[PDB]
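A look at one PDB structure holding pranlukast.
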Amino acid sequence: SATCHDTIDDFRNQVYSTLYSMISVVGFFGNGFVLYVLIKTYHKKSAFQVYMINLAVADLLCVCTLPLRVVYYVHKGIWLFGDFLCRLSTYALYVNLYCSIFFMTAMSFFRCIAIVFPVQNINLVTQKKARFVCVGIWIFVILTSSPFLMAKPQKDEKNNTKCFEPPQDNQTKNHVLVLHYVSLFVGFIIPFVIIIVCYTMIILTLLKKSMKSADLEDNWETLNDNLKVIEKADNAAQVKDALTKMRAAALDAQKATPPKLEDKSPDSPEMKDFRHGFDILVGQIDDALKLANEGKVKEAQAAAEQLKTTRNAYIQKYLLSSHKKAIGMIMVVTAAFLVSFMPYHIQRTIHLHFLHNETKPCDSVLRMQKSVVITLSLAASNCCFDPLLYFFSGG
Ligand SMILES: O=C(Nc1cccc2c(=O)cc(-c3nnn[nH]3)oc12)c1ccc(OCCCCc2ccccc2)cc1
Ligand SMILES: CCCCCCCC/C=C\CCCCCCCC(=O)OC[C@H](O)CO
Ligand code: NA
């Protein structure tokens with residue numbers, strides 16, 4: 001099988017060396033810039049900022065171990081470093097991968113509560129709660145990825161020191177299969193379901209809030225448009241027609257919530273004054289109608305300008321960015337889950353089932369060894385997804 005192994009080795013060494021090199025550069029210069037900004041911007045403390053520091057740290061710790069993988073594949077697949085470094089480099093990539101998944105999961109759940117429940121949400125109170133979730137993730141990942149720090153050393157047919165190889169003996173094949181099933185369910189399927197559930201709730205909340213904001217702008221546009229009709233009208237019939245259209249628009253806008261009061265309680269003084277503003281405006285429309293019905297067409301135009309002062313002193317101060325930053329967070333994490341994490345966990349499942357099988361011909365082994373090169377490189381590319389999270393989300 002010496003000819004069979006060397007065939008895939010040509011692809012394996014070329015692709016891994018080229019991809020890990022750019023992933024090391026883009027990862028270091030990307031996350032390094034992200035961490036530099038977050039440290040300088042200490043005055044503005046957010047739950048999103050807590051997850052961004054932790055994501056960059058987990059990436060920097062991984063990109064520092066990635067050039068050791070470059071040296072390995074450049075040197076025709078021979079490990080020039082120590083046995084501990086082979087164990088630590090393999091450990092670092094898994095730690096980073098599952099830290100990234102759990103941090104992006106917790107970030108999605110914390111943003112979901114901030115969007116669905118904006119009244120009970122407190123920016124600095126959730127920040128302290130996010131710090132406890134981060135250490136809870138770190139302690140879990142470090143202790144669960146520990147069997148790889150005490151793993152058996154990998155050797156070739158000519159006793160050559162090898163690294164990042166599939167399990168050799170049947171005992172190691174069993175020890176990693178037990179870890180695979182746990183890390184597939186707890187470390188991928190469940191956090192993926194959480195992201196699918198969280199994002200369904202977020203888009204639904206935003207789709208409703210944007211629609212209600214569109215109706216509020218439509219009612220305020222007609223209120224200003226019909227006010228221009230009254231001053232331009234010559235007869236009372238045109239004035240009375242616009243006032244009935246204005247009264248209907250003023251009642252609709254009174255029920256709807258403005259974007260500046262999304263974080264405020266429906267019984268708060270801010271929401272009570274907004275409703276009271278339209279209560280005076282409706283009364284002023286009816287007072288103008290009472291004069292328009294009397295035949296006083298000119299005198300009704302003065303009352304239409306009298307309610308314009310009420311609009312400026314009660315409804316103007318109430319009539320955002322949170323929607324844009326949430327949408328950006330959805331895209332980046334979804335792209336990271338479909339490109340980085342999903343092909344890795346899919347291929348790994350197919351790979352371990354193949355290794356346990358008795359019949360394994362050269363052509364079939366060639367596909368599995370080529371597929372893992374692609375998926376593991378994409379799994380390692382998760383460090384390139386996090387700098388984009390800063391640029392497209394949470395300010
Ligand atoms: O079977 C595995 N890998 C594998 C199979 C077949 C072939 C190969 C292969 O050719 C090359 C590599 C390789 N991995 N890195 N570099 N090269 O790996 C292979 C494998 C199993 C488990 C695992 O991590 C589980 C612990 C994570 C912590 C965790 C625990 C509980 C909940 C959540 C999180 C990781 C890899
Ligand atoms: C936030 C996440 C909380 C969710 C927590 C839920 C607990 C997960 C329970 C079971 C997962 C299934 C993994 C079972 C792995 C058993 C290993 C095994 O023995 O199976 C291999 C078999 O022996 C060889 O064919
Ligand atoms: Na990451």
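FYI, the numbering just counts along the sequence from 1. Just follow the structure's listing: the first ligand is 1, and inside any ligand the first atom is 1. Atom set for the values below is all heavy atoms of this structure, side chains included, hydrogens, waters and symmetry mates excluded.
All copies of pranlukast taken together correspond to ligand 1. Of the chains near pranlukast (ligand 1), the one making the most contacts is recorded in UniProt as Cysteinyl leukotriene receptor 1. Neighbours of pranlukast (ligand 1) under 4.0 Å (other ligands and ions): none.
Chain A, UniProt TM segments numbered from the N terminus, heavy atom closer than 4.0 Å to pranlukast (ligand 1): 3, 4, 5, 6, 7. The 4.0 Å heavy-atom shell around pranlukast (ligand 1) contains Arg69, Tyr94, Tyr98, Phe140, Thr144, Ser145, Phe148, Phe164, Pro166, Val176, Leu179, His180, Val182, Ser183, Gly187, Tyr344, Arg348, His351, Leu352, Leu355, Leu376.
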